[PDB]
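Opening remarks: the structure here includes CB3717.
Below, chain A is the first sequence line, B the second, and so on; all start at residue 1. Numbering of ligands and ligand atoms starts at 1, following listing order.
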2 protein chains.
Amino acid sequence: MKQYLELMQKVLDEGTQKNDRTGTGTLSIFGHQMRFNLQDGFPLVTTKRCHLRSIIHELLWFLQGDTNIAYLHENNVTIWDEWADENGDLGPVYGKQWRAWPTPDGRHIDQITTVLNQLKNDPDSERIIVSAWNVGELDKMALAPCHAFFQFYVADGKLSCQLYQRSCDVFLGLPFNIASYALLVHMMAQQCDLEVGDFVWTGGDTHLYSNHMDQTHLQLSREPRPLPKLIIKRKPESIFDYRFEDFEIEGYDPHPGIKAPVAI
Amino acid sequence: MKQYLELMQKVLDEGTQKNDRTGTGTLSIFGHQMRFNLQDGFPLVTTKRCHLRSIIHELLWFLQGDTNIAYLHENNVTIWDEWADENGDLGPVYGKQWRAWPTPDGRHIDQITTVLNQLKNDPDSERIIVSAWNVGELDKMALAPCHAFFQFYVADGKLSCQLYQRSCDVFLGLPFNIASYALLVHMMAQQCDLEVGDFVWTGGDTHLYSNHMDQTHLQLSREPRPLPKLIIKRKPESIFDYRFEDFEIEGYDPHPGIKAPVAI
Ligand SMILES: C#CCN(Cc1ccc2[nH]c(N)nc(=O)c2c1)c1ccc(C(=O)N[C@@H](CCC(=O)O)C(=O)O)cc1
Ligand SMILES: C#CCN(Cc1ccc2[nH]c(N)nc(=O)c2c1)c1ccc(C(=O)N[C@@H](CCC(=O)O)C(=O)O)cc1
Ligand SMILES: *c1cc(=O)[nH]c(=O)n1[C@H]1C[C@H](O)[C@@H](COP(=O)(O)O)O1
Ligand SMILES: O=c1ccn([C@H]2C[C@H](O)[C@@H](COP(=O)(O)O)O2)c(=O)[nH]1
């Protein structure tokens with residue numbers, strides 16, 4: 001997408017070389033922001049083929065409050081294998097924090113349900129937020145949350161959402177993260193009888209790994225295609241009831257996929 | 001500053017009218033970002049005289065892990081009065097979360113000390129983060145955090161910082177928050193022997209209150225001047241050892257102050 005490709009160019013033009021924990025090396029910039037008008041089309045990258053089945057299943061997984069890969073395995077999704085333990089556990093990552101953030105008084109807060117209630121009864125609120133950044137549990141997590149904090153906003157009957165991503169693997173992760181959130185926005189909007197607005201992406205440490213340079217320039221040499229369209233074939237009684245098959249993406253015609261290694 | 005004035009005009013030009021919780025009404029936009037190169041000067045607004053004194057004491061108040069306005073009163077700072085209880089308590093706000101984030105198991109994590117140690121021992125870290133958004137204590141707070149989440153980043157010996165502000169009173173709050181964080185970056189850099197980089201500000205619900213229109217128009221008609229320069233007189237033994245007397249702003253020649261009512 002224009003924005004995504006423009007981001008890649010920026011990191012290449014302004015990036016600074018950094019030694020990273022994975023000892024792979026990154027080219028990075030700090031602070032960036034882009035907006036996707038969800039009414040223009042579903043923001044799924046076309047300059048390379050993306051795996052929709054993996055994106056959807058991960059999101060349903062998060063929504064279920066799950067943090068074990070069994071579910072992802074049942075559906076042949078292996079994007080999380082490298083970080084799971086012998087038992088398939090990732091620790092209290094996304095799913096747990098979203099559905100059951102533990103307070104100090106022994107309670108657990110379901111942030112998704114809370115946000116849903118706000119959108120329906122207090123869409124004007126200035127604090128419709130979900131955070132995965134649980135400082136007190138960070139140490140039990142296989143990996144600290146990358147997409148860490150998100151906020152919803154309503155105006156003119158449209159639902160917008162802004163995500164703050166503390167660390168971003170531009171080539172590999174970003175396309176996934178973007179599609180995932182836009183998907184969540186459509187689902188929330190459908191549950192609240194709202195129209196979809198903008199998805200705003202804000203990044204902290206935004207980088208390209210050293211071993212993704214050729215893939216990046218290959219991609220950059222391509223012209224984006226018309227954005228695909230998302231069709232939801234049903235209206236479940238709750239945001240927790242969606243199924244993989246309720247979704248249909250139409251008119252997705254991307255360029256060929258580009259394989260790249262992930263840094264552990 | 002040009003950036004500040006530009007954001008002000010954008011809100012008037014594109015803002016949507018909202019009925020806020022105070023019942024005052026706001027002109028609102030969602031998602032915005034601005035960058036301040038700290039090398040170019042301290043970002044203290046010049047088109048309106050600002051009071052560095054209340055800005056400094058609040059910051060120092062935070063770094064002490066304090067939630068009682070007592071200390072602020074000791075210093076003639078009255079900005080938090082409307083929200084304190086009969087005892088002067090605000091609940092586990094900023095200070096408490098910065099210095100003693102409570103774990104579900106009874107422990108506390110000191111995020112400032114953590115961040116100090118990260119900048120010193122692992123400056124390349126992609127997770128040098130401080131969060132005040134403790135989902136489990138929001139209902140105990142007198143006011144949910146506005147400047148909710150911040151991240152530090154180091155590149156070529158420079159210290160940059162990004163703040164995510166979920167709610168922003170553009171006229172009254174913003175100038176204060178920008179100086180506060182700029183100030184913080186200068187202290188961290190000094191304690192960590194780094195140069196100052198960029199201060200990146202990202203907002204969620206960014207608004208102007210209805211009863212701030214006159215002041216806004218007045219301000220929008222003034223020309224910004226060169227930014228001052230921040231001077232630190234002594235290098236304390238620790239980030240928790242600074243005092244009001246340690247900072248000196250130099251070359252600050254702002255237009256006259258503008259009075260505006262606070263929306264409570
Ligand atoms: C973001 C996120 C979720 N996750 C979590 C996740 C976990 C660790 C990470 N680690 C790093 N260094 N970068 C990441 O992007 C990353 C992402 C993903 C993991 C892998 C792929 C990846 O391998 N995609 C490949 C293969 C696609 C497939 O098997 O379906 C692709 O070519 O896109 C995508 C997302
Ligand atoms: C942000 C923040 C911190 N705080 C906390 C705080 C709490 C609630 C708020 N509520 C609203 N609607 N806007 C705010 O900016 C705001 C700020 C502030 C409180 C008020 C002032 C305000 O009175 N500014 C005066 C200062 C004059 C003086 O120094 O005494 C001014 O006219 O500039 C500034 C900051
Ligand atoms: C993480 C997960 C995700 O959903 N998206 C991402 O882009 N990533 C990336 C960010 C970064 O490259 C790395 C995480 O490691 P660290 O804790 O920052 O060392 O995976
Ligand atoms: O440091 C601060 C504190 C508050 N506000 C503003 C944001 C909103 O205008 C309001 C608080 O309302 P809630 O969003 O907390 O309900 O005060 C700021 O800009 N900066």
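All instances of CB3717 together account for ligands 1 and 2. By contact count, the main macromolecule holding CB3717 (ligand 2) here is known in the PDB entry as thymidylate synthase. At a heavy-atom cut-off of 4.0 Å, other chains contacting CB3717 (ligand 2): B.
The heavy-atom binding site of CB3717 (ligand 2) at 4.0 Å consists of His51(B), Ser54(B), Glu58(B), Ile79(B), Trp80(B), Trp83(B), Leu143(B), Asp169(B), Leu172(B), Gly173(B), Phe176(B), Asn177(B), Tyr209(B), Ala263(B). The entry gives the source of chain B as Escherichia coli. Nearest non-hydrogen protein atom to atom 28 (C) of CB3717 (ligand 2) is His51(B) ND1, 4.0 Å.
Checked against a 3.5 angstrom limit, the closest N/O atoms of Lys48(B) and CB3717 (ligand 2) fall outside it.
The closest protein non-hydrogen atom to atom 3 (C) of CB3717 (ligand 2) is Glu58(B) OE2, 3.5 Å.
Of all protein heavy atoms, the one lying nearest to atom 26 (C) of CB3717 (ligand 2) is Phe176(B) CE1, 4.2 Å. Close approach of CB3717 (ligand 2) to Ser54(B) is summarised as follows: ligand atoms under 4.0 Å from at least one heavy atom of the residue are 29 (O). Relative to CB3717 (ligand 2), the closest UniProt active-site residue in chain B and its heavy-atom distance to 1 Å are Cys146(B), 6 Å. In this structure, atom 30 (O) of CB3717 (ligand 2) has no protein heavy-atom contact shorter than 4.0 Å. Checking atom 16 (C) of CB3717 (ligand 2) against the protein gives no heavy-atom contact under 4.0 Å. In terms of N/O distances under 3.5 Å, CB3717 (ligand 2) is not approached by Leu172(B). In terms of N/O distances under 3.5 Å, CB3717 (ligand 2) is approached by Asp169(B). Set against the non-hydrogen atoms of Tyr209(B), the atoms of CB3717 (ligand 2) under 4.0 Å away are 12 (N). With hydrogens left out, the protein atom closest to atom 18 (C) of CB3717 (ligand 2) is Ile79(B) CB, 3.9 Å, a heavy atom. Taking any N or O of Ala263(B), backbone or side chain, at least one lies under 3.5 Å from an N or O belonging to CB3717 (ligand 2).
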